[PDB]
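Quick look: Taxol on Tubulin beta chain.
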Amino acid sequence: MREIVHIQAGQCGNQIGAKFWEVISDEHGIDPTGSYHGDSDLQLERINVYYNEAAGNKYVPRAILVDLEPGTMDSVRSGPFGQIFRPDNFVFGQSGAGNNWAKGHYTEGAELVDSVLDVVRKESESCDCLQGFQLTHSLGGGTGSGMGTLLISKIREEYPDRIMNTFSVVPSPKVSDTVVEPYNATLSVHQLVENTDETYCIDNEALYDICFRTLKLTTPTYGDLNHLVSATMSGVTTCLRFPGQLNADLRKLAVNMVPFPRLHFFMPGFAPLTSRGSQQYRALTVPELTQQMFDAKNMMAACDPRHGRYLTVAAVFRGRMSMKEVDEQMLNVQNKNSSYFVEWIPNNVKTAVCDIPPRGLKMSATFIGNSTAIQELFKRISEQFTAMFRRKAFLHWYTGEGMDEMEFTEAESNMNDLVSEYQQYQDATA
Amino acid sequence: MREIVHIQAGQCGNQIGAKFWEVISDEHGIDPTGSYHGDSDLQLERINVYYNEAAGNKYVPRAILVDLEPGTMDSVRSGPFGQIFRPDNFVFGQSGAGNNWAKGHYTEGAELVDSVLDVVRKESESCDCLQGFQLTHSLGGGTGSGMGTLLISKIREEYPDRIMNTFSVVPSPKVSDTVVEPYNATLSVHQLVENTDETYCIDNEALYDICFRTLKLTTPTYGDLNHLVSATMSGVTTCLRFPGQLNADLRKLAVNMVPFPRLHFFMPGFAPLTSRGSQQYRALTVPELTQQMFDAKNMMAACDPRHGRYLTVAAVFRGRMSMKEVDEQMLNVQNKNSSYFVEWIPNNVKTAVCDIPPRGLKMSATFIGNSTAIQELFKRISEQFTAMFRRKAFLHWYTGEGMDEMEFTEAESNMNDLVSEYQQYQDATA
Amino acid sequence: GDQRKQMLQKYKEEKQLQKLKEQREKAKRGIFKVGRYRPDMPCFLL
Amino acid sequence: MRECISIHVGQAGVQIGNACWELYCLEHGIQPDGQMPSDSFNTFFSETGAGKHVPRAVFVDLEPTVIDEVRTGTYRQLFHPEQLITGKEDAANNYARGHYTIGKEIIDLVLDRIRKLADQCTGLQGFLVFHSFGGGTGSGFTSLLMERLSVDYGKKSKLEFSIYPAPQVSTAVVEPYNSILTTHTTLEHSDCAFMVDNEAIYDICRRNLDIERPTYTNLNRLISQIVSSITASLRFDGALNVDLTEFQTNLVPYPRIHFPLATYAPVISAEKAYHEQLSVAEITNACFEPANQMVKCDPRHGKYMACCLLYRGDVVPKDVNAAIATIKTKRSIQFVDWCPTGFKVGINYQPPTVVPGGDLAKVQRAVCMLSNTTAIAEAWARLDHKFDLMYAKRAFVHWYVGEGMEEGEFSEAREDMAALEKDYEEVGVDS
Amino acid sequence: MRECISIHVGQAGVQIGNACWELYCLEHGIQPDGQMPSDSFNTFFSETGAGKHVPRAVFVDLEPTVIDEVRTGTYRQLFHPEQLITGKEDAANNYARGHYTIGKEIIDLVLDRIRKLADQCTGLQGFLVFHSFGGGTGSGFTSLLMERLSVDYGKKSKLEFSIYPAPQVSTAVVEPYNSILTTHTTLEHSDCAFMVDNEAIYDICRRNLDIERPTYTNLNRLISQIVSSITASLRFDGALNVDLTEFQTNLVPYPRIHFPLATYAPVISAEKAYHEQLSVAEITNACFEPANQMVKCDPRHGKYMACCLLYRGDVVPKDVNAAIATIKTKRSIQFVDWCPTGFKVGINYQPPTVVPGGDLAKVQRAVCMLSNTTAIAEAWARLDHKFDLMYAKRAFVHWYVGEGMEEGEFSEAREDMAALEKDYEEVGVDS
Ligand SMILES: CC(=O)O[C@H]1C(=O)[C@@]2(C)[C@H]([C@H](OC(=O)c3ccccc3)[C@]3(O)C[C@H](OC(=O)[C@H](O)[C@@H](NC(=O)c4ccccc4)c4ccccc4)C(C)=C1C3(C)C)[C@]1(OC(C)=O)CO[C@@H]1C[C@@H]2O
Ligand SMILES: CC(=O)O[C@H]1C(=O)[C@@]2(C)[C@H]([C@H](OC(=O)c3ccccc3)[C@]3(O)C[C@H](OC(=O)[C@H](O)[C@@H](NC(=O)c4ccccc4)c4ccccc4)C(C)=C1C3(C)C)[C@]1(OC(C)=O)CO[C@@H]1C[C@@H]2O
Ligand SMILES: Nc1nc2c(ncn2[C@@H]2O[C@H](COP(=O)(O)OP(=O)(O)OP(=O)(O)O)[C@@H](O)[C@H]2O)c(=O)[nH]1
Ligand SMILES: Nc1nc2c(ncn2[C@@H]2O[C@H](COP(=O)(O)OP(=O)(O)OP(=O)(O)O)[C@@H](O)[C@H]2O)c(=O)[nH]1
Ligand SMILES: Nc1nc2c(ncn2[C@@H]2O[C@H](COP(=O)(O)OP(=O)(O)O)[C@@H](O)[C@H]2O)c(=O)[nH]1
Ligand SMILES: Nc1nc2c(ncn2[C@@H]2O[C@H](COP(=O)(O)OP(=O)(O)O)[C@@H](O)[C@H]2O)c(=O)[nH]1
Ligand SMILES: [Mg+2]
Ligand SMILES: [Mg+2]
């Protein structure tokens, strides 16, 4: 049966992975010590998707911890839910990329990639029927981006027929957390555009907006952001673990949302999102969820879908509902916004329904969108890249590891081509 | 089914809206917490016209709170019946109009109109079959008048077939609460004559007179006047909420009361009004209600109906009564006062009966009159505007916000044409 | 007086003309809303 | 056998229909749930299930308030749920809204229900339509429905029960527009149209029944008594039965003159019943007074063209003949010369039934009179005068024009009404 | 005697089969554990062991979740463990995956199971196939399995109950590709295919059953009721019995036109059954109404080729003949001139049974209606237009190409579909 291997690299990857594993263990009724303490048989009928079974009812997550520095994973191990992970899955170096893509891809990554691949192969041998890989990292960092691209390259060379999902943290538009962020981002998209089956983009600014304006959170920390990202992660793959009226696994989503191989960048979203006091002021129905899906302010990437046209849309619902209500709602959305969908793809929306809702909620829904508005993000990143590349600023750090300006030119050319394709697919021609 | 969206703007609008919502909630048996604790099925049968049912047996009024300063709605929220409103409907600025029409219509209204229209859309799409819009504001203030006209214009563009109702506190004839109220009143009538379906005019001076002379109240406050206005609104919209022997909705009243599109300014009135000590000496009968309604002293507007002639008259009776008595009283009124009714319209009176009594007495009645005598108010405002406009006093305050004298001239010309039309429509010509 | 009336007349035409120009581009794409689904009336053999 | 279908549109139609159906159920001993506690009423009721009777009624309105009142009341289990058809927004005293904008949305559904109900019927002979002239949905949807029915069937009879606007009593400002427009539209589609006046009913209840608080329940009960007296010939056997077609073939001499006047007798209170031994001659006499008419117009101002008499209960044909002869020899009333025989008489065995809680005593004989007279011409002329007063200044015209109605329709309706006045004045001249 | 083998493939087929087999166990009085608590049902249930009846069903899917749900349900101890066949990875809405890559891995096992089940049968009459067009596993595997069966048996009839894509409602983006490919490769390997639309059944549930939350269970129950009405003639005895062969003999005029539409009557709620008498004439009339057809297409837009009527319960042949004649005289519907006789009837004594906790009322008679008409050409044209829209830019093509499909198959399917539309238009012209 279908099983998923999880990998996380860098600080952002490790933090989001820890939050994701806390969420998953809570959903399946697994205590931090690794012993099942649930109250339903459904939590165990499909537990082999994420967790292995050890001797004595103990459950070991099928996860791999990779970093070039030991600080983040030492924090993860010493913290809660640190004993579930098998200690053999903690692979680390001693140098750290230092926010250098070349260091993590060509100098430091080359030493750890063999060990990471060894752990990956050992985990996959135990799998009965592999469904694919999932990976959490950030594009703006050194080790995250470099090692993530290297690992996807190696695995794609190993298993080309499987399914690759990455949950990347693309750079924000207004405030940047690193000076060399455009360099790493461009060099990472150059590999993602050719080695990944599907990719979900995440913006810290969009997450701050959601936290401040919707959740009414005065002091949002990184824990809340990782909580939201983990909720979306769980919502994406709910159909592999619980029964439902209309099922949809990762391959179905990849078929339904990737019309051309080079356009597999999506904007995720979640619903419902309310504060601690305002949730009593609204009913819990399907149309409110549909309203929250197609809200540009609810998107988890800082791109306005109003500026472009949707290609495909995925709506994954959870809980006891009515299929007629969902279908009429999707029809109303499509007809009433006929100007925001491409004319050459009839029926832009794919629908899935799962019976088991999240713990403590009557219903929930996850939105995934393949909109051409992502071209604006790509264009902005490319513009910053070119502005910083004419003066050759900070270039001697990367060229001191083995890279040359030809790689940078190839990356910028590829990004310009991708932006051109995204723009050209907004033409009616009929 | 037939449902009404309520919007209030400015200090007066927010205060009257709070009083009106307290009145309606007491009438429908909803506690301040929002949970129904009534004793009749008819209270819940048509609760959808004003309220939305949330999860857990809770009712949220379909109201929008609009203001350019946070003090008024902060006081509303912190006061009683403040937890009943949805917090997301509170839309406030930070600057304030400062009793300036230009500042509220061009400088802050432009910034707040997008948010207010988004909230209005979110409320209206959740409706089933919208009946119309209703607005509470004044004409002598800056934010009230300016934002009211802006919102009326935008909504009329968005929904040209719905019903727009306004309850506007026109300036008093004797005492003025602002030095620049003629400017705001003229600039707001210039929009009301074109973008509003029908408008009820109420004067604070007439309300003071009613409380001091009829109710024998020694110290009337603004709460009493808001109580009177709220009673009038409930009487007007009572035919949408309870079954009636002969019933009329907003559109029927508009059809029967506006002979020409530019004459939709009415003077409301309520009966019976009596003191605590004088209730014991009077008998509640239909003729008493009829004689109290058609009383110059009882009008809620500072205009004498005897100066002009009625165009149309609407009497919405409430309670259990015999339609024979109502019809005989209407005949008696028409024949006795035949000098106050236009000849070119027979049957000047429209009658409706709602079976359920007001909360309180056994019988009650609401009076709405479309009399040509209201042209005196407009003529007086025009005189004050022209007396203040030759000297260009206070004009730079308005022209510093981008407005020009051409707008003032156009507004004055339009208002004078309206006065001429109201005047010359007193000619029988047959 | 006639010239002032002509100035007012000109101002009214300019106002309506920018109003039409403003509404021309606004109706091109549209606005994002959701609402509810409204069923169609059944067809009949009559 | 022979069957009838009853249609109620608008507030007035629905309320009078509810009163009539309560009376019909009481007459035949049918419980409000539709069952029977112990067979010629197949004309109005259709057998279904295990001894359950469903009336052949269709209720149409463009607002849900009154229909929901019916759906919640005591008779909620008597009517078929699909027979009560409801819109979302009413016409709001606008003929154009009820005829062009809103009526077209549910006219197809109404026709489907009518056809489905008629297909179940083997000997259907006519339809009964209840409405009011002043109302928007009443007049507009009645005109649209009659147009569609005349197109669809043509040969079946179509009777009307309508609330003629009162000369003085009014509850609307735009009444003449709606009345003229609906009369112009329906003049060439209605076989016969009986009318009553709310003002005259008020006067009758005040003078006779000694009631000072006559809510619409009393008026609707009186109208239900009249319609029961009309349909008793179908529902019960008697010495002389009268069908629905006989009314139109005896009362309508020309296709453009089909507006008779309906009265009823005896209308007395319980205290006064004991002091009056009611007989055939005096009730026949009482049916002819202007004060007992149910339309506020003086029959003495015009001439009778055709009269229909319907007797129920203890009635001897010889007494009926003597009373009619005495009425004929009386010169206080007039008849058109070209109609030497202007009387149609029917007698039914079943006496009227008294509804408990009502305001009429128990009598063993009653009379329903329907007369086609020229005295309605002055009422028509008054309506035209009001229309002309309101049309010279184009008051309220924009409300009708904004709903798609052309401005020439008002002129066409006015010219048609003038032609009707000409016809009435020409037919009233002896030769 | 005569026996039928049922095959359910994909999520839709498996769930409709769950509903069908629940209904089947209920109707014959069989407990879910296979033990009867107290015999013409040997067509569907085979006797194995001591009093245990095992249904003749095969459940196939390339994804184990729905079959695992079946294995843990109330009917766990009903199906033979070897009839429930599962794969590891589904087709993922990809026709090529379920036809060329994943289907070929278990097609041999499915055929082996079907052969083992059939060799026991002595009077095998045909196969029943439940699937959906838009699905990947559904369409791809049903095409491959139907091709294999036609190669193997050929002479035995093969029937489908597929879910036609709705004109507006959709749950997939690559739906037209799979639909066109599977109808192209299935057209020459089938005898009769009854199709339904989810949207039409949603409308039926909302309008008639007054259900505001019609989950998939209600739709599956309605489809199960239709299948049970179809197979009642095999499972019981009637005044006029129709087996499977007569369906294709009478409903299929040409080999390339075997797409009838299935309706049902009466579909009413419990509360409305009291106010309606369910006569044969009224249900026969309702079966022809466009608002009751369970495919979103207007019959009035085309002409019927052949019609099949199946009556259950209290039915008398004279009334059936009268109703059919009345339908024939009606001009609202149309028939092709080259088919003077276009009706085939069947009457069975066994009335329909009601699943407890369900939504349909208890009735003494019911009708199943199958119609072969040209109105579906519009739906075919709509599907082909969607195909053309999505194929002019090669959208989603690489997914199919990478699994072993050459690009020429799309063109071949499009030309075959155009040929079928041309056939539908050529047969729709009177001579
Ligand atoms: C009475 C009630 O509704 O309590 C809620 C609650 O108040 C709200 C505000 C919760 C609450 O969530 C948050 O406050 C929050 C803060 C930052 C980021 C995200 C959420 C809640 O924490 C979340 C929590 O939800 C869950 O337990 C879900 O299963 C969730 N799991 C976790 O959040 C979780 C927390 C700790 C450890 C492990 C899991 C989940 C959601 C999606 C997918 C998988 C799991 C619950 C019941 C509530 C609180 C406690 C206040 C919300 O949580 C979600 C995403 O369902 C915020 O949006 C919903 C709306 C709820 O009304
Ligand atoms: C001792 C007693 O029984 O007196 C009655 C009462 O009927 C009198 C005195 C009431 C009373 O009103 C006043 O005294 C008053 C004072 C200032 C301004 C306006 C009113 C009463 O407050 C009004 C109140 O009316 C109601 O029942 C309704 O609820 C009323 N709503 C409220 O009073 C209210 C207040 C706060 C929050 C929510 C509702 C209402 C009136 C009209 C239309 C809708 C609702 C009743 C029982 C009375 C008192 C208490 C004295 C009157 O009220 C109205 C508006 O009908 C004053 O004019 C009538 C004359 C009545 O005789
Ligand atoms: N006799 C009688 N007349 C009634 C009754 N109810 C209403 N009417 C008459 O109907 C007139 C009002 O118009 P309605 O019939 O209510 O109008 P409508 O049918 O509801 O159509 P709309 O104008 O769209 O509301 C009044 O003038 C009354 O004369 C009733 O119960 N009995
Ligand atoms: N009526 C009805 N239709 C269903 C049901 N389940 C699925 N469908 C239809 O099936 C279509 C989706 O494709 P599926 O049949 O589920 O595809 P599949 O059989 O699962 O094959 P794969 O996609 O490869 O897994 C939807 O458009 C539904 O209309 C059901 O329970 N009842
Ligand atoms: N949402 C989220 N983002 C993070 C977190 N930690 C780091 N980031 C983002 O990651 C970026 C820094 O990359 P980083 O992982 O530290 O570089 P690396 O260690 O070399 O891979 C910053 O722009 C942060 O916005 C986290 O816990 N949550
Ligand atoms: N600052 C401010 N003052 C206002 C506004 N609207 C009205 N006013 C002033 O308030 C006075 C009376 O309003 P208010 O007392 O609230 O009306 P009432 O209590 O309902 O009778 C008017 O004369 C206005 O001058 C506003 O929007 N802002
Ligand atoms: Mg009405
Ligand atoms: Mg599947």
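Labels below follow one simple rule: chain letters A, B, ... track the order of the sequence lines, proteins then strands, and each chain is numbered from 1. We read in the header that electron microscopy, 3.1 Å was used to get this structure. Start at 1 and go down the list; that is how both ligands and their atoms are numbered.
- Across the structure, Taxol can be traced to ligands 1 and 2.
- Contact chains for Taxol (ligand 1) (heavy atom under 4.0 Å, other chains only): A.
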